[PDB]
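A short write-up of the structure that comes next.
Just so it is clear, chain A uses the PDB entry numbers, and the residues here are 1-299, in order. Atom set for the values below is all heavy atoms of this structure, side chains included, hydrogens, waters and symmetry mates excluded. One-based numbering, in listed order, for ligands and for the atoms of each. Header entry for method reads X-ray crystallography, 1.6 Å.
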Amino acid sequence: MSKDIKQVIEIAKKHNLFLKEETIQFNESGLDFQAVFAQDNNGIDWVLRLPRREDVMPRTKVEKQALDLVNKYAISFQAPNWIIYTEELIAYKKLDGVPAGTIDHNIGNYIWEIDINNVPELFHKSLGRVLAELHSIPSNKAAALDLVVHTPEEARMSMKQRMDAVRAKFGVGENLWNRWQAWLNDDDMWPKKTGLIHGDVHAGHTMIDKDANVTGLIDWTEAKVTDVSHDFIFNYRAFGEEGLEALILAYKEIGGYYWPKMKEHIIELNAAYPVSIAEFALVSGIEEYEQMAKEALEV
Ligand SMILES: CO[C@@H]1[C@@H](O[C@@H]2O[C@H](C)[C@@H](O[C@H]3C[C@@](C)(O)[C@@H](O)[C@H](C)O3)[C@H](N(C)C)[C@H]2O)[C@@H](CC=O)C[C@@H](C)[C@@H](O[C@H]2CC[C@H](N(C)C)[C@@H](C)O2)/C=C/C=C/C[C@@H](C)OC(=O)C[C@H]1O
Ligand SMILES: Nc1nc2c(ncn2[C@@H]2O[C@H](COP(=O)(O)OP(=O)(O)O)[C@@H](O)[C@H]2O)c(=O)[nH]1
Ligand SMILES: [Mg+2]
Ligand SMILES: [Mg+2]
């Protein structure tokens, strides 16, 4: 249960947004924020991002820093440009296009806007464009802000540490743990460069036009300079090896950092997705996600 119309009106009013109530539309796809789309009495349309829990707004500090960087240096895609930003409300103008898919909590999966039964080649190609562009923003510009910046070995040690931490808290199935460790311990599989990543790339953030060309990305709380591989994970989860291959190919061809074992490395990172599920469980405190994490970790 989240905020209702009258509550949203009051939050918006406190922030000098005076909404036309009949235009208010709720979008509940986000685990961290309630989203509202609404037009104000000035005829101006808004996205209103309303935090669901105490842990949410503290994670937006880096987000704003990352958006400043991406809005300044990105040329071929849009990102939110926040107009209002307080501990109670973030607001910005809606990006062009529509999300390639959006989570429906009644089924626990996506309602797709693209033909999931035959994904357009332009979607992989253009996501490749967007990611290579993003990942090329100079790391020194991120270091001058409070963003996390990993060298390539720091990215590896960060993964080692995060795994150790989840094992200590939850346990980890022995076979899963051995798989993780064999990946960590295989020098040849790791990237030798890092870049600025989005960190939570998925269909629900990937804005597309009528041709399934990606034109924008929302939700930048996980941006940092680290292993670029994270931004390929959803393509593997949703579209399998073939979809991962298509995205890698496009990224490589347009100038993105590539190394010989990139695909295999990404697949291992996917096998380590339970680390991320566990971390969400701990950060959010949501009991169902603790259960999910234990299942995912094969405890
Ligand atoms: C986008 O990823 C998605 C993930 O959503 C992400 O889940 C990560 C673990 C979170 O990231 C983590 C790691 C971190 C390092 O980023 C950390 O800083 C951050 C705090 O948390 C991250 N957000 C918080 C950054 C969040 O968007 C889940 C949540 C946990 O997995 C979204 C829930 C609505 C889940 O729907 C649910 C309903 C409830 C249900 N179950 C519990 C009863 C469950 C199984 O599925 C829907 C699942 C759909 C599955 C279909 C496949 C194709 O879809 C994908 O693979 C994408 C998803 O996995
Ligand atoms: N179409 C569209 N949807 C948006 C936009 N901004 C946010 N949303 C929706 O609002 C939801 C929640 O916003 P998000 O920043 O992802 O929140 P979080 O996932 O809870 O951290 C997203 O999943 C989208 O469905 C936008 O600019 N356009
Ligand atoms: Mg989101
Ligand atoms: Mg988020």
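This structure shows the largest set of contacts to ligand 1 coming from the chain the PDB entry labels Macrolide 2'-phosphotransferase II.
At ligand 1, of spiramycin, lenacapavir, selatogrel, grazoprevir, golvatinib, the drug present is spiramycin. The shortest heavy-atom distance from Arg59 to spiramycin (ligand 1) is under 4.0 Å. For spiramycin (ligand 1), the polar-atom distance check finds an N/O of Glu222 within less than 3.5 Å of one of the ligand's N/O atoms.
Here is the list of spiramycin (ligand 1) atoms found below 4.0 Å of a heavy atom in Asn109: 51 (C).
There is no protein heavy atom closer than 4.0 angstrom to atom 11 (O) of spiramycin (ligand 1).
Residue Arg237 has at least one N or O atom closer than 3.5 Å to an N or O atom of spiramycin (ligand 1). Between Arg162 and spiramycin (ligand 1), a contact under 3.5 Å exists for no N or O pair. Given atom 8 (C) of spiramycin (ligand 1), the protein heavy atom at minimum distance is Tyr273 OH, 3.8 Å. Taking every non-hydrogen atom of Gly108 and a distance limit under 4.0 Å, the qualifying atoms of spiramycin (ligand 1) come out as 47 (C), 48 (C), 49 (C).
Residue, atom and distance of the protein heavy atom nearest to atom 38 (C) of spiramycin (ligand 1) are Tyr289 OH, 3.5 Å. As stated in the entry, the source of chain A is Escherichia coli. Considering backbone and side-chain N/O atoms, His202 never comes within less than 3.5 Å of an N/O atom of spiramycin (ligand 1). Covalent bond for spiramycin (ligand 1) in this entry: none.
Within 4.0 Å of spiramycin (ligand 1), judged by non-hydrogen atoms, the site holds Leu31, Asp32, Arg59, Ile103, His105, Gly108, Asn109, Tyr110, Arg162, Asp200, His202, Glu222, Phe234, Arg237, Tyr273, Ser276, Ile277, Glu279, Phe280, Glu288, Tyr289, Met292.
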